[PDB]
Structures are given as C-alpha cells and as structure tokens.
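The block underneath contains the structure these notes are about, expressed in structure tokens.
A, B, ... follow the sequence lines: proteins, then strands. Residue 1 opens every chain. For ligands, and for the atoms within them, numbers begin at 1 and follow the listed sequence. For the numbers below, each heavy atom of this structure counts, side chains included, while hydrogens, waters and symmetry mates do not.
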Amino acid sequence: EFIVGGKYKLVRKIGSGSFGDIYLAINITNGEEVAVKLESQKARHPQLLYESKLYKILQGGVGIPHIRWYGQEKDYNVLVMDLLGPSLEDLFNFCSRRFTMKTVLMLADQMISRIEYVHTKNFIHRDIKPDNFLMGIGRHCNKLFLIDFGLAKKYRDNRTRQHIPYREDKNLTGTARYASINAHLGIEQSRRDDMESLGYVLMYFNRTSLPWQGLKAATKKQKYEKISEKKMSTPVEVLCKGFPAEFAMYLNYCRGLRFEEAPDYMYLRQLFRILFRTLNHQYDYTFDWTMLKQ
Amino acid sequence: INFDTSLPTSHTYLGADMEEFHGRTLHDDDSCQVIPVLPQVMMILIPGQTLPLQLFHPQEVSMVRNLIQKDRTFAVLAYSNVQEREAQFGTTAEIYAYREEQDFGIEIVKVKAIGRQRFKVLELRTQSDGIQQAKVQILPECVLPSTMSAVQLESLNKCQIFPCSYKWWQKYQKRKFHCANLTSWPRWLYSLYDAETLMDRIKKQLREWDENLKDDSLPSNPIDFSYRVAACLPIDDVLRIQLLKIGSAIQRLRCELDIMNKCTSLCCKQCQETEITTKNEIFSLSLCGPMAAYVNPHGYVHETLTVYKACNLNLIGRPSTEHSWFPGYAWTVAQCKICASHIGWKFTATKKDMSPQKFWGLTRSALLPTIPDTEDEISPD
Amino acid sequence: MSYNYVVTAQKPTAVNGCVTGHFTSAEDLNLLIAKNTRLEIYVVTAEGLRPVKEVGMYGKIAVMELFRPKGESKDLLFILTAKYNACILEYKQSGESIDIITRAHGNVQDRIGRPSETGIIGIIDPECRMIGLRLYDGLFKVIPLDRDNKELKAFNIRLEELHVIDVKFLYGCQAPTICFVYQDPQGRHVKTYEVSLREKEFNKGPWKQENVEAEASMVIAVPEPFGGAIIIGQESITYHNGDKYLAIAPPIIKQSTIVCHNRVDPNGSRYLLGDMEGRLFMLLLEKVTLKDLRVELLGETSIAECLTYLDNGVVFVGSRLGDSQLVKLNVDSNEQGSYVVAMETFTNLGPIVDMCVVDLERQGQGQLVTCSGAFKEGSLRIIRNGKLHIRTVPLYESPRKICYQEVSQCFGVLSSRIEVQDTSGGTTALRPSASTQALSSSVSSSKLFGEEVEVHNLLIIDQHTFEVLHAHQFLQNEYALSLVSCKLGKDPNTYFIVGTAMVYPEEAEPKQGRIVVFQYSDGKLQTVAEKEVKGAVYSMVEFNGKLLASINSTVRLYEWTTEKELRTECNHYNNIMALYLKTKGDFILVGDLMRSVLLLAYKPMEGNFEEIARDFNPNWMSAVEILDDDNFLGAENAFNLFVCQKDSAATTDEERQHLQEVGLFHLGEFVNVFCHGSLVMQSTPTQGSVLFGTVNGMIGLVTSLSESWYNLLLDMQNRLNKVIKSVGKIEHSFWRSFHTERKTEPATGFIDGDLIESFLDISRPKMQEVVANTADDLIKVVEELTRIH
Ligand SMILES: Nc1cccc2c1CN([C@H]1CCC(=O)NC1=O)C2=O
Ligand SMILES: [Zn+2]
C-alpha cells in the first residue's frame, strides 16, 4: 500500500524519533530490505532534510550508512537508507543489562573511530548514546554504525579550519544521561564533549547504571539540575572505582581538553587496546550477544 | 549437480496450477496485423521463449481477459529507446496459461506466454483508455536449401546419404561439399554456412554449460535450435535487437557462435569496466539453458543467468526463501561494489545434501558482454 | 530502373545426360545429348556421329529418357526440367522440315515438399505403363502412361523409407516393380514394391528386404533372361533376384566410387562402369541363371558424368569436369589387352572457376583465358572470336585463379593438386601435373595412411607458348585463395600478390593466413615480402596504388613502403565476412556467401572507411560485379541474376543507405566469375560489357540499355513468345522467372538476348506477325544486337 521513491514499499514500523518514525521497507524490483525514516512536512521538530545533507558530506566513511533516496511522498519527507541491525541499547537489554570487559573494549575501539570520522568531516554529533550506535546486517554484522545526525553541528570551517566561537548560555542538546559536564553548564559543545559523552556510555555498560540515573523530578528542568550536580559532585575516581584505571584516564583526558583542542584519538584507542592485550583478549568479534546466539 | 532442472521451468513460485490452452494462432508471413501492447512489459522476447507475468493494474487485467476471449496474442516491443518508448521491431506473445485471483479484494492475473512471431513495427497508437495497439508486419522465417543444391553433380546424388566424431565430421565435409570444386570456394568455407555443422559447434559449447544430452533436450530444426540458443545468450538489448532482426537460421546460428567466442567477460552495465563473471562460470540450472525469464511478486521480470562464481559484488541483507525461483535455494540481493547497481542475487542451498551449495543469478539488464584486451563490439552475420 | 540485356556468347559445353535409341526413325540409331538447356540429336554412323538436330529448351534438363510404348513405330522422349516441367517429345520430319512436336506436357511440382537429398530420380517402366519420379522425401510420384494423359497428371504414394538412395523399375514383372536402396538407423537395405495404378499405392514386393553394404549407392535392373538387380557399393557388387544372392568384392573398384553405368548387350550380359577418377570398367555376367560376376578395368577416360555404348566397340563419354569423348574399345582381339583409345574429343570449358580478358594478339580484339575443369581434367582455355576459336592447355590439376601480367608477358595461376599420404611420412602425387612439371620450381620456407592432401601452388605460364615457366609451392595446410597482379605505392615493379589461409581439420574458422608479394623478373620468381594475418585472406584488390585485402570479417588497406613492406593504413570491421571485394574509384563492394551486400567509400581526408549503403536478403550468392557507380550485378541461388541500385540523390538518410533491387532473372546457369571485357573489336544501342563464366562452361554477356530500347525489346519478347514454338510447351516467362523454392517472381530489368536473337531464325510469315504494330527494319535492330558478342 505505501510506496516511497517509486520502488520502496513499507512493511512495518521498526522505530521512532523527534521528526517521526522509522520503517522496514522492501525494494519491489528485487527484494532488497531498507530503512525508511518518515517525517511529516509541517512537523514540530524537522531534521530529515538536514540529515540527508549531512549524510552526503559523511558518505565514504566506514560505519556511515548509505542513503538510497531523499524526497517527498504524500505529506511526508522521506529518507531511504541501509537497514542496520540492533542498537547497543537493544543488545545491552538482550545481554540482561550486562557487558563483559571484552565487549566494552572491542566496542570502545569502533566508537572512538566512528566519532573521529564525523570530526574529520568538521562536525560534532552532540547525541552520543547507546541507541545511536547500531551493528550492521549480514556482511556488516560486526561493524558498528554511528547514526542520527539531526543534532550534528559544524565546529570548524572546512578550508580555514577556524573553530566555532566559545559561547555560554546554551540550552542542553541531546540526552541528559550522557551529556558532558560543560554541556550541562550551558558552555558550547565541541569535539571534547562528544568524547566525554563516549566515556559515560562505556561506564554505563561497565556499571549496570550511572550514579545520576535514578534521579526523579517532576519537570525536565528539575531532572537535569540533579544529573548536572551529581556529575559535578561525582569525582571520575568514584564513578570508575573497581574498573581498570584506563576508564578514569579516558574521562580525565577529555575533561582536561581545551574548547578548540583536538582529541588524540590514537592515545584513547591505545589505552583500551593495551588493556585488551593485558587481559589476554583477541579481537575475534565474539561479543556477549554473539555467544547468547550460540 | 543434483537440483532438478525441470523445476525453474514450472514457475511453481506462481502458486496453483494455471488454466491451460491447447489452441495455436499464427499470422500469415508479411501480413499486416493490429496487436495490443502490455504497458509495463520491458523485455525483448525471442520466439519460443517463455514469458511469465503478474498483472495488477485494472487496465492490464481487462486487456488480458479480452485476449483470453480472442486470439490470446499481444505484441512485445523490442525497445531501442525504452524511455521515449521507441521500437522498430518486436515479437508476438501467445498466452498458453493463466490464473485469475482475488488477492486482498483486488483482481490479479498471472499469465504464461510464449514468443511466436517476429515483426516490424509500422505504427504505434495509444488509445483514449491509455492502452496502446501496434500496427505490425509479420517478418518471415527464411529457410535456405543446402549451399550445394544449385552446385551438385547428378552422378554424385546417390553419395549424398551418409552412414570418433572428428573423423565422421571430416567425411561429412568431404562428401557433402565435394561439388565445391565446381565453384570459387573450398569445402571448409561452405562448412561455415552449414546448419548441421554450425549446430554441432554450438552443441559443443552448450555441453560445456549442461550435462544433458543433445539426443532429446536440443531441437533438430535449425530455426528452433537457433531461437532456443538466442533466448539464453547473456547479451545487452542493442545486441539482442540485432539478433531479433535476423531472418535466416544460418545467420542467427553463425552470429550466436561468434558472440559465444568473442564475449568471454560479463561486466556491470553501469560501470562498463567492472567485471562480474566470465563464460567459464556459466552453467544451466534449468532445461532452457543458463538463462530464463522469471517474474517477481510485484510483476518485475528478470532474465536470470545462473553462474558458479561472480566477483565485485556486495551482499545486501540476509538470505530469504520467499518467492524463490530455484526451489530449495534462498536468495540475497547482490549489488556492484563500485556503483551499488543491482546485479542479481546469490542463491544459497537450504539443505546440506544439495549441489551446488551456492551460485549467482544475474539479471541480464544489469550486464554488459565484453571482448577481452582492447577492442569495440561487432556481431558478424 | 536498370535496363539490362543478357546474351549467350558460348552455349553450355558440359554434358549432364546422354541416351541411345530410335528417336528420328525406327531404323536409325540415335545419340541424344543433354547440355543443360540444350538437347543434341545425332545419328550413329560407322564413321562417327552425324548431327541431325539441335534444340534449346526453356528449362534445365533434369531427366531425359527414351521409351517405346505399345503401338508406337519409334521411341518417344520424356524430359523433366529442374522447374518440374514434364513433357513427351516426338521427332517428325517431312522432306527437309524438322520439328520436335510435343505429345504431352505438364508441371509436376507439389505445393508441399522437401526436395530430396539424392536429387531428382526419373525412371520409366520396361512395359511403358508409367513414369516414376522421386522429387521429394517420403513420396513417390507416379505418371500413368496412357494416350489420355496429355496433361501428365500424377499421384503420390507415401514412402515410409524417407532416405532413398537409388531406385529402378525391375524387368520380368507382371506388375510394375520398383527396387531401391534406402538408409535407416540399422543401415542400408534393398527393398521392392509393386505399383498399383488402380489402387494408387504400393503392394508387397516380389522378394524380401535384404541387408546390403554400408556404402551401397547404385541399383541396376538386369533385363531378361537374368532378371533381378545388381547393387553397387564402395567395396562390393552384389546380385539379388530373390532367393538368388551372388556377391563379389573386387579390389580393382576399391580405389574410387563407381558413379555411372551403361548396358552394352541388350540381354544385360555386359555393363560399362565409370568411377569418380575416370577409370572405365566392364562388368560381365556369365550365364537361365547367373553363374558369376566379373569386373575388368578397360582403361582411362575423362571423368564421366554419363556413359553410353553406341556400337562396334564405340562408347560416348559424357563429361561435366573435362572434355567429352568418343572412345573405341578393343574388348575382343584377345592377343592384345583390354584398352581404351580416344577417337574424338569434344571441347568442354566447364566448370569455369575463374577467367580474365587479355588483348594478347590484335591489340584491339580481346581474348578470354579461363581456369577450366577440375582434377586431372584441369586446363586453361584460350577463347577468341573467329564461331569461337578455343585453344586448350592441359594442367592435370585444378586451376583456381588467374591474372595476367603484361610487363612479364605471363599469367599467374593458382592451382591445386591432390597427393596421398605415405607410409614413410610425407605425401605422393597421383600423376605428373603442371605444378610438379614446371621448368623451375620453388617452395615456401616452413615453420615449427592413404589420406588425400591438397597442395597449393602459384604457376607462372608464358603468354605465347603456355609453358609452365615456374611453380611456387605453398606451405603444408596453406590454402591459396586470392591472386592479384599490380604496382603498389611509388614502386615501379609489377608484382603477383597471393592471399592465403592456414587450414587444419580441427579448426572450423581460419585463425592464420598470409599476404605474399612475389616478383617474376629476369626469368626468375622471388618472394619480395610476406605479411602474416590473423585470418583467411578471401579477396584482394589493387585500390588506388594500395592493396585492399579482406581478412575474415575485416577489410584492411595496406600501403607499400619504400622499405618494400605492407603497412596497415586503415581497418574496417564488418557485420559480414568479406568474401567478395570489388572497387570502382574510391567505392568498395563487400559481399558475402549469403547475399549480404555492403557499399563502402574510402575517406582520404580521414584515412578510414565509411559505409554508404547495404542490402541483406539471405540467399546463396556465387558472384558479384560493379556495373557502374550506381548498379551492382550479382549471381544468386537457383541460377538467377540480380541487379541492386543506389540513390545518392535521396532526401532521407534511410533511403540513401538502402539498395534497391531493380533487376531479377532466371539465367539457368551458375556464375563463378564476372569479368569486364569484350571479345569483339574495340552510336551503339548498348553501354558496357560484363562477361561471365559458369559451372556448365557457358559464357554469357551483360550490357545496359536505354529505357526506349528496353521497352521496345520487352514488347518484342511478348510478341516473339506468341509465335515461337517452345519444346515441351514451356512458357518463356515461367522459365525466366526469378526462382528459389520459397519464391517465384517474374523477371524484371532484363532482356533475354537469346530470345531477341532468335527473331533472325523465324520464318518470313512469322516475322511479319511479330512486326504487326517493316520486318526488315527489325532485322537491322537484331543484327546490330548480335554484334556485341
Ligand atoms: N520477496 C520479494 C519481495 C519484493 C521483490 C522480490 C521478492 C523476491 N524477489 C526475487 C528474488 C530472487 C528470486 O529467486 N525470486 C524472486 O522473486 C523479488 O524480486
Ligand atoms: Zn557497477
């Protein structure tokens, strides 16, 4: 019944977002399965045209999905792209909200590289969370993809490499759970903030929960005042207690970066790679979920 | 090598047994006829070739119901320019099987047609209903006598019937073409225009593709043999149109042998330079040969060439058995690594005991026959 | 749109049939000879042959048989043409007036039918009750012989045996009985059938089906007192009379296939047998019953198509490949052996495989030099206008191509000979021949059983003496295809250029060939240059100081360098195999065996070829010629001629790359070569002169006319057809109609010069009937038209 781009028939809803929903679609000419992000024209929070533009710039990177078609069909804006596997949050749930140090470290390697690529293309993601990291399908089943570029912002000019100005008085962009301390203070986000958010994501897989997770308040404005103050009252050493020193080294490095300063991605990958070696682990792509399916 | 080559020809993925017709309709040679065209058919049909169709649109369904009551014959245009719907030639298609279904409150008609007669398009007229009719001229099939018929000595007439195949063919050529010494040319030249010799040269290449014997499977009539081979040659539309324009079986057989020898590589049509497979990987998984037309669930027809190995292809998704044209095999969409154009599907066995365990089905529309080294393209005869 | 005139310069000389009987009188012994469209009538005298009558027919004689039914004073003649015209003819003379009157006639073709592999077989019953014909497979056509069958009505009997090799009517049968050799999956068998005229079917034959030899090809019905039939194969000669079976396997007959016979004695005691190589044998039957069979090699004759015993040891040898002969046998005179002595020789130019026009003597009047015959019969023939004066040069091998080289005062001839494989490893010749008997010889430098091997050669033949000055032998498995004599580039020298192909039995298409440049100078042959190409060089033409060669489907232009080497200028890859190559100015005519005609133009400013026009009408094409810039003459299947035309003026680009078929004609001959030239001494009503040579040794001429001349002669034809008596009552329009088995179209764009010329031979009252719109005014027109040949 609902065909987009002249050849992609919608099968069923497989997700959602600020813009609208994500559907499983089938190419009626050959059986190919794709994902179709659908957004109402006259939607409260539009991002699909912006995402379509941002996927043009990011095309070529590994772990960056391929876009088939962007256009309109009825009263919707349509983004047709690669059908990817489950998110890290889906896999975390599947693994009973528990990941081994081997999974966290194999994931960490790919997550630094995925953010790094976006940064080489002059953009910051601003919504680093387990839900935006998805494993691929078939051939790409051990390849992790960073998706959802609706909050992505340019941090520097492509030719001059001039960094964006330092601002304060900014309302928080993205989820409060993995937001950096400076993003909470209203300070303008840059490369360092994507990296710091990644540290929270890893600590969240390490400890079932985060110290500021179970903090309830009536309104969202009150919900953040607690998270922000809990993040600031929690020393990195307290958050990372009982875990390898590398996790604290990672968060301390990121929080130590200057606004316009480039993260040393090699250093951060090396911290985890040297730890992985020390723990006598191999990069055999046997994750925790791989095992539950065995 | 144990699948059951009789399976793809049955088109079992289409469902329940269709209603069958026994009658046959043939138009007089050189006669002018007005025949309807099916709007979404994009294939270049060869006489004797099976064409399955799934018709969804009310206008298409209605047109077929009318044909099933009249002569059951529609015109299949060989499009020179598919975009502007340009055609100079084409082939008639006779419906021999049909099934009407009321799937999801909508009337759907599944059809099996066969290529009958070649034609020259004289006029194309789209009517006030949106359905178009073709004013056509039926192209005759040129049958020539033996090249020696006009050059044989009457005393050697009783030697023209003849009783290690190489030694046999050597004696065939010496006796059949003895009277070539009354002409300007040698025996070996006449052999190059001899139906039986040309068909035996083709059979040698067809045996390289399938282990079924000539004895039964392959026709004895040069016309039928030449059309059967033309239907399963993986060539582009420009070459297939030229092949369809041939009226003599001798010229058709010669032209096929030349394509079979020249075009050893098969590239992506969009890339033109990206190699997908070679003729050495071509094999028959169907009685028809290595390539046949199949219809998908939404009525898209693909002439699918079965090959053992293919390169420069990425697999999209996971395997599926849903609407599989080769029962017992699951399909996975295969795209070109460079341009991401759909090339075909990889077929993987569902049972461990099955052979082959894997192969590729490539859609003819996506491929481009290539001459190795550096040269253009030409089809002699 | 063309307006052409085709006339015979030389009538066919090849013999396809000969019969003896009492046709002219019940007292006279006759020799009737068929030379395709010609029938010759002779009285057999003690001295030789007395020419009595010579007639022409509007058909190709396929069957020619004499028969004497009940009540008839003398023999009648049954004739079946290749267009299925059947007729019964009678000789009638009153004083000096001779006339071949038509007793019965009719067309026996079927609207459905696969014309048989073994061709047309025409047999007449010994009691003259019927004519049996095997025209199509799975059918036997029967013409009942009655006085009330003037239309020659016939019926077909279904024949379960689809592959009939040979069939004869048996002698001593109460009912007409056919005896035949057939082939089925099991092999070759001999079967008999009775023929019911009442039931119009076959009944069980007098004797059972016998399993015969794998190569049994010939059936001979023995007359009374012996009866039965003789069956001849490759190794054996067997006799069958039912229960009686006598077999012989003479080693003398193993060398070559026996392909013709003739009865000597009326009771069938002796028979003459001829093989494919000219050997003449005597088959003897020792006698109520047959005691034994014997074969005797008598000697050598020309390769016989047909044999006929006349009387007093004299035998007429009908030849297609060589000269016909009258030979004397000395079968008796037992102190001396059995030997064949040639009494007379009769010129046969056929087959003419190639020819060239040379102004050898008069320096005004042209002479024709042909490549005639095949095998031991191979020769050169020098044809001049006197009747036609013909000089013969025996080669004893097959001449294939010929070109004249004025500078060196010689001809270049490509020839071939058969050699047999050795026990020692090599090949041995069968006889000395021109290529093994040259005064000087040379061989190409090589690289890297009893089976026949073809050896190819270039002969240098002196234009005065016709002596083989030099013979150059090509490589083993090298087939010489094309020959040219020309000057190239800025080189003052004239060369002989040979285009070849390497032929191996395992390879279907030639992947190798050579272009060899030779120089014949200071009485010596040298190899100047050699280019190795990736295919067969089918044709070559000198093209404006360059060499245009066709290598398979490619047309390549070579330049001759100052380093005396061929340098590729340009190539043109064709949709067709470039078999035929012709050039006029910067225009090139490329054709194939299947009548694919292509026109190309050399673009000197681009240095490449451009296609001008094409025409693809699948039919077998044996020859092609450029008449002028706009017209192309070809020879195509079922002995036809055609003319194609271009229209360089046309408003549309589809029209100007299309060749219009403007002329169609059933010649009745198979053309091998078209040649621009004239044999006559160089305000005329004709334009141009294209001579042609045929398989039957016929030489014709094609010339162009004006619309006025064409329209006049066309009306004149329709008038002549109403007054001229056609032997067998065959219509001229039917005869000249373009013919193939699939189509028959009336002739267009061609005037039958032979018909026009026959106005001069018709009587004065008949001449006046034609000119009834003044007969002497028409005689002037016709005499002017005879002057072109
Ligand atoms: N299931 C489904 C949905 C939409 C299109 C298509 C399909 C299956 N398929 C093809 C795949 C290869 C095959 O062997 N048979 C088919 O029919 C399609 O082209
Ligand atoms: Zn490609």
Exercise for the section: Match the molecule at ligand 1 to one of 6-thioguanine, S-lenalidomide, N-butyldeoxynojirimycin, MKC-442. Expected result: S-lenalidomide
Problem - Binding partner of S-lenalidomide (ligand 1) (most contacts, UniProt) - result: Protein cereblon
Problem - Chains under 4.0 Å from S-lenalidomide (ligand 1) (heavy-atom) - result: A, B
Problem - Other-chain residues near S-lenalidomide (ligand 1) (heavy atom, 4.0 Å) - result: A/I26, A/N27, A/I28, A/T29, A/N30, A/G31, B/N296, B/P297, B/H298, B/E322, B/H323, B/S324, B/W325, B/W331, B/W345, B/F347
Exercise for the section: Map the residues of chain B that contact S-lenalidomide (ligand 1) to UniProt domains and give the domain with the most. Expected result: cult
Handout entry: Which residue and heavy atom of the protein sit nearest atom 12 (C) of S-lenalidomide (ligand 1), plus the separation
Key = B/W331 CG, 3.6 Å
Handout entry: Closest protein heavy atom (residue, atom, distance) for atom 17 (O) of S-lenalidomide (ligand 1)
Key = B/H323 ND1, 2.8 Å
Problem - chain A: PDB entry name - result: casein kinase I isoform alpha
Problem - Protein residue, atom and distance nearest to atom 3 (C) of S-lenalidomide (ligand 1), heavy-atom basis - result: A/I26 CD1, 3.6 Å
Practice task
Around atom 2 (C) of S-lenalidomide (ligand 1), find the nearest protein heavy atom and jot down its residue, atom name and distance.
Solution key: B/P297 CG, 3.7 Å
Handout entry: atom 11 (C) of S-lenalidomide (ligand 1) - nearest protein heavy atom and its distance
Key = B/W345 NE1, 3.4 Å
Handout entry: For atom 14 (O) of S-lenalidomide (ligand 1), closest protein heavy-atom neighbour
Key = B/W325 N, 3.0 Å
Practice task
List every atom of S-lenalidomide (ligand 1) that sits less than 4.0 Å from any heavy atom of A/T29, numbering the atoms from 1 in the order shown and giving each element.
Solution key: 19 (O)
Practice task
List the closest protein heavy-atom neighbour of atom 19 (O) of S-lenalidomide (ligand 1): residue, atom name, distance to the nearest 0.1 Å.
Solution key: B/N296 ND2, 2.7 Å
Problem - Shortest protein heavy-atom distance from atom 1 (N) of S-lenalidomide (ligand 1), along with the residue and atom involved - result: B/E322 OE1, 3.5 Å
Exercise for the section: Filter the UniProt (S)-thalidomide-binding residues of chain B to those with a heavy atom under 4.0 Å from S-lenalidomide (ligand 1), and list them. Expected result: B/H323, B/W325, B/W331
